[PDB]
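What follows is a model of Aminoglycoside 2'-N-acetyltransferase carrying bound sisomicin.
Chains are lettered A, B, ... in the order of the sequence lines. Going by the PDB entry, the residues shown for chain A are 16-43, 54-210, listed in order. We number chain B the way the PDB entry does; in order, the residues shown are 15-43, 50-210. Atoms within a ligand are numbered from 1 in the order they appear, just like the ligands themselves.
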Amino acid sequence: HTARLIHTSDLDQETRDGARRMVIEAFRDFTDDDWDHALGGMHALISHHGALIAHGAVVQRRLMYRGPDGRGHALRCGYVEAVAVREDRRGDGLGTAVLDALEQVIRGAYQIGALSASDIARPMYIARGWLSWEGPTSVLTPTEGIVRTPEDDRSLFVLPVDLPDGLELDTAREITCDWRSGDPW
Amino acid sequence: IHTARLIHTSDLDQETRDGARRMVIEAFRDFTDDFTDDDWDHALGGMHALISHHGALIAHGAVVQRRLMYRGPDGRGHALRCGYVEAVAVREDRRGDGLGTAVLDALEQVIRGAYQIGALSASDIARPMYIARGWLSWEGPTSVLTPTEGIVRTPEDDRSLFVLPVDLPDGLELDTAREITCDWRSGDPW
Ligand SMILES: CC(C)(COP(=O)(O)OP(=O)(O)OC[C@H]1O[C@@H](n2cnc3c(N)ncnc32)[C@H](O)[C@@H]1OP(=O)(O)O)[C@@H](O)C(=O)NCCC(=O)NCCS
Ligand SMILES: CC(C)(COP(=O)(O)OP(=O)(O)OC[C@H]1O[C@@H](n2cnc3c(N)ncnc32)[C@H](O)[C@@H]1OP(=O)(O)O)[C@@H](O)C(=O)NCCC(=O)NCCS
Ligand SMILES: CN[C@@H]1[C@@H](O)[C@@H](O[C@@H]2[C@@H](O)[C@H](O[C@H]3OC(CN)=CC[C@H]3N)[C@@H](N)C[C@H]2N)OC[C@]1(C)O
Ligand SMILES: CN[C@@H]1[C@@H](O)[C@@H](O[C@@H]2[C@@H](O)[C@H](O[C@H]3OC(CN)=CC[C@H]3N)[C@@H](N)C[C@H]2N)OC[C@]1(C)O
């Protein structure tokens, strides 16, 4: 099982519609906004006989972290969205293949990987070496400043790959994402 | 005719990345480079357009994903998915022969295929080229969404921005006289 990696702009609209239908069904809670969040980066795709059986995406965002010394960091983040395997093909390494391709993008292009894991996905990320975030989560809003996202506490994983020299993340500290509509994480 | 290759940052060999950075720095040339380490860093994370000829990188550009914050004339805020154009450059001795056009042709294919809006901050030099390709001059005040103050004006970026509205949400009126705000990053916000 190997995933193809393709930019959103190189994806035909029928394959985009097909990936979106496969992802909605795999979550059936996956909304229009959740799909919009998966656009603009690299998709990992696995098909069988022109049926999409696995998908994931990694999109560029800024993750804001303030160290104990008070210095702010706006990290180039590869954010993992719309990871899904068709129900009948689960427990066969398709998830592993999707994440191998998305982590290739994260390690090659970003300072840090981040995602907000569904309950069923948690064991996957733990086994791949992703760090659980235990500190409080927030979003930088345009009109209210930093606003706590308590519904997202205890859901975050990070993959520090190329942090600025001398920066080590304390996972008990606050972490902030950039503003978007729908679920910020 | 040269056609630019589109390559994600993650697919570039470190030797190719170092070469592209050195080519772009030289293209923008004091001992203080106009094109800085932060400017190169801003070009990372998205799709590069590369033109190579006989072992020389002769042209580069990149488009990276950002959020562009815009409040419409009805009071409603939008966080648009933006293809932001960085590090566009042609080696000096190859300028005026359509390489810059070929780079922007490739980057615009990315923007139109993946984003709601394109945006860039142009050298006063390059304003005619963007106007001719159908980019719109931003006339209103520019700002940056900071994590410690709120939206902070960026007056050094005023009358530098161009946008390419490719796929705005239904009923969004884009008025270029209004404020526009970028997401926060170190170095030049625009
Ligand atoms: C999450 C999901 C994509 C995983 O797909 P999958 O095909 O079941 O996953 P895989 O078989 O590739 O297994 C992924 C890895 O997790 C491991 N794993 C799975 N369940 C595990 C568990 N309970 N404990 C430890 N490891 C576990 C597997 O061993 C595998 O690692 P390995 O290849 O090293 O053995 C799938 O359950 C799904 O689509 N769910 C619905 C949509 C969803 O919630 N997605 C959220 C994405 S964050
Ligand atoms: C700006 C730059 C990328 C243009 O690339 P180029 O290959 O020289 O330009 P092209 O030949 O593709 O011409 C595209 C347009 O640029 C303009 N232009 C800019 N410099 C030009 C030059 N030296 N000769 C001819 N046209 C030039 C022309 O208006 C042209 O439109 P036209 O072909 O319809 O006449 C390039 O000259 C450069 O690297 N300069 C450094 C500044 C910079 O990097 N800006 C990037 C975005 S702000
Ligand atoms: C309360 N604790 C948590 C609970 O809130 C929830 O976390 C959500 C998480 O899945 C969401 O992301 C996944 O789901 C979808 C579809 N919605 C799209 C992308 C997927 N990566 C994220 N966008 C928002 C999180 N809040 O599940 C895990 C949890 C531990 O139970
Ligand atoms: C106030 N006057 C303005 C003046 O500040 C300047 O704008 C700058 C613009 O070039 C910069 O982008 C270019 O340069 C570099 C290297 N630095 C990288 C990518 C290039 N697209 C942008 N990052 C910041 C802008 N402030 O030129 C236009 C102007 C109107 O004259």
TODO: State which chains or ligands correspond to sisomicin.
DONE: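 Including duplicates, the model places it at ligands 3 and 4.
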- [ ] List the other chains with a heavy atom under 4.0 Å from sisomicin (ligand 4).
- [x]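 The other chains in heavy-atom contact are B.
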Task: For atom 10 (O) of sisomicin (ligand 4), closest protein heavy-atom neighbour - done: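 Nearest protein contact, heavy atoms only, for atom 10 (O) of sisomicin (ligand 4) is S143(B) N, 3.5 Å.
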Open item on the list: Tell me the protein heavy atom at minimum distance from atom 21 (N) of sisomicin (ligand 4), and give that distance in Å.
Closed with: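 For atom 21 (N) of sisomicin (ligand 4), the nearest protein heavy atom is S141(B) O, 2.7 Å.
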Task: N/O separation below 3.5 Å, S180(B) to sisomicin (ligand 4) - done: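 Looking only at distances, the answer is no, because the N/O contact criterion of under 3.5 Å is not met.
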- [ ] Indicate yes or no: does an N/O atom of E106(B) lie under 3.5 Å from an N/O atom of sisomicin (ligand 4)?
- [x]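 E106(B) vs sisomicin (ligand 4): no N/O contact under 3.5 Å.
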Open item on the list: For atom 28 (C) of sisomicin (ligand 4), what's the nearest protein heavy-atom neighbour? Residue, atom name and distance, please.
Closed with: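 Atom 28 (C) of sisomicin (ligand 4) sits closest to the protein heavy atom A142(B) O, 3.1 Å.
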Open item on the list: So, regarding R179(B) and sisomicin (ligand 4) (criterion: nitrogen or oxygen to nitrogen or oxygen, under 3.5 Å), is there a contact or not?
Closed with: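 Between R179(B) and sisomicin (ligand 4), no N or O pair is found under 3.5 Å apart.
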Open item on the list: If you measure every N or O of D178(B) against every N or O of sisomicin (ligand 4), does any of those distances drop under 3.5 Å?
Closed with: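 Looking only at distances, the answer is no, because the N/O contact criterion of under 3.5 Å is not met.
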TODO: Please write down residue, atom name and distance for the protein heavy atom closest to atom 14 (O) of sisomicin (ligand 4).
DONE: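 The answer is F42(B) CE2, 4.0 Å.
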Task: Protein heavy-atom partner closest to atom 23 (N) of sisomicin (ligand 4) - residue, atom, separation in Å - done: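 Going by distance alone, atom 23 (N) of sisomicin (ligand 4) is nearest to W210(B) O, 2.7 Å.
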Task: Per-atom contact, atom 6 (C) of sisomicin (ligand 4), protein heavy atoms, under 4.0 angstrom - done: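 False for atom 6 (C) of sisomicin (ligand 4).
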Task: Nearest protein heavy atom with distance in Å, relative to atom 26 (N) of sisomicin (ligand 4) - done: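 Checked against all protein heavy atoms, atom 26 (N) of sisomicin (ligand 4) sits closest to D177(B) OD1, 2.6 Å.
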TODO: Point out the UniProt domain of chain B where most residues touching sisomicin (ligand 4) sit.
DONE: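 The answer is the UniProt domain N-acetyltransferase.
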Open item on the list: Students should be able to answer this: which protein heavy-atom is nearest to atom 3 (C) of sisomicin (ligand 4), and at what distance?
Closed with: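 For atom 3 (C) of sisomicin (ligand 4), the nearest protein heavy atom is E176(B) O, 3.9 Å.
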- [ ] Give the residue and atom name of whichever protein heavy atom lies nearest to atom 29 (C) of sisomicin (ligand 4), and the separation in Å to one decimal.
- [x]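 The closest one turns out to be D144(B) OD1, 3.8 Å.
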Open item on the list: I need the source organism for chain B from the PDB entry - what is it?
Closed with: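 The PDB entry says Mycolicibacterium smegmatis (strain ATCC 700084 / mc(2)155).
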